[PDB]
Protein chains: 2
Amino acid sequence: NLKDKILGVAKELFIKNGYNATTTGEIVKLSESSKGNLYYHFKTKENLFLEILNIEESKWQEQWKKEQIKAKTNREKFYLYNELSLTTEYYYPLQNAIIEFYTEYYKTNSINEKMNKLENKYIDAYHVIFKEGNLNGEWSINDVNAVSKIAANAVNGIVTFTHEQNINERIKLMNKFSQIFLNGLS
Amino acid sequence: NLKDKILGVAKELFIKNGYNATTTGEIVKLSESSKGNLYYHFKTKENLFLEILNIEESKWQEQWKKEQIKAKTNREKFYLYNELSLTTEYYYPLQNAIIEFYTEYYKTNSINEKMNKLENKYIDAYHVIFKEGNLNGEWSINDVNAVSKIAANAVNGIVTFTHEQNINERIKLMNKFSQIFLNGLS
Ligand SMILES: N=C(N)c1ccc(OCCCCCCOc2ccc(C(=N)N)cc2)cc1
């Protein structure tokens, strides 16, 4: 599983030194693989990275699946998931390498394409919550996909453009948002 | 021009590339000058940047007023500000850039001050719209600043993380957002 070993070493290198400074050379030697093996599995560093991001997205889903059982109703799942997105990124190691990578390829439709497939995976969480909320009379939404992209992006905005305020303040605003939003659906 | 020529080329590269991707080296050469230049008015690099942000924030908040007249109620004002956010050429095209900046100077204090003193200029627009809406009885918000902040960030989110798809689809979501947010306020 040196494909797996490469993803691992790469994740760590990226975390320690960021996207730009990490060279496939380091990855090659530290994972005891080769330029060729690395080329055959990911073709480029960008792809390698995107690959990691999907693995990460997967772990996040897996995590959410276990964590969402703490929330009985969908209203609750909405409140909870948003809180998680805020508190977890506070200490997500890849966070900084992602920003680096993102704000460096959002100009390439090639990379930008896959970047959306990934983004869409994170949006499904909402889609599910919303779909389920319907089938339980918690709310009635006839445009799930829509409200889903909206929630996703609104929430990511609160997580991304607030950092400085103290952590409780943020959690507070987020929960406030989760309230206002959920309220304007009934 | 002298000073107001660098600022120009700067803003240009800060958007075209990242905050790091672009450096004084590039700015100087493409703005035909020397290093010294960038020192009396332009101390640090984050000085020239923090500057540019200020310019853009002002330009935007001004274009807003030279355009909010087209909205009789505040409910409409809210909607319009958010819709316009998506089409301007001011401030918002630097969110990606700002993100890097903040995530590379959040370890210092001279940042969480300007980078936070600008937050007022950023949420003011919503504060007025929400306060005035209270006097005008369109709604009743007793935690304006919270709501103002939550909105400023939710919106920035929708504008920033959808920036690469059908511009008219953006405008649609943004309106379903304004719709849903306002409906949750009462
Ligand atoms: N192994 C772990 N311990 C771990 C892994 C992943 C993780 O991930 C946290 C992820 C937060 C993701 C927020 C994504 O927000 C958006 C994504 C896409 C879009 C879009 N529509 N373009 C908008 C917001 C946290 C922990």
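Chain identifiers are assigned alphabetically (A, B, ...) following the order of the sequence lines, protein sequences preceding nucleic acid strands; residue numbering begins at 1 within each chain. Ligands are counted one by one from 1 in listed order, and the atoms in each one are counted from 1 as well. The basis for the numbers below is simple: all heavy atoms, side chains too, and nothing from hydrogens, waters or symmetry mates.
This structure shows the largest set of contacts to ligand 1 coming from the chain the PDB entry labels Transcriptional regulator qacR. Found at ligand 1 is the drug hexamidine.
Other chains in heavy-atom range of hexamidine (under 4.0 Å): A, B. The organism that the entry gives for chain A is Staphylococcus aureus. Around hexamidine, within 4.0 Å by heavy-atom distance, are found A:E56, A:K59, A:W60, A:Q63, A:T88, A:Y92, A:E119, A:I123, A:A152, A:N153, A:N156, B:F161.
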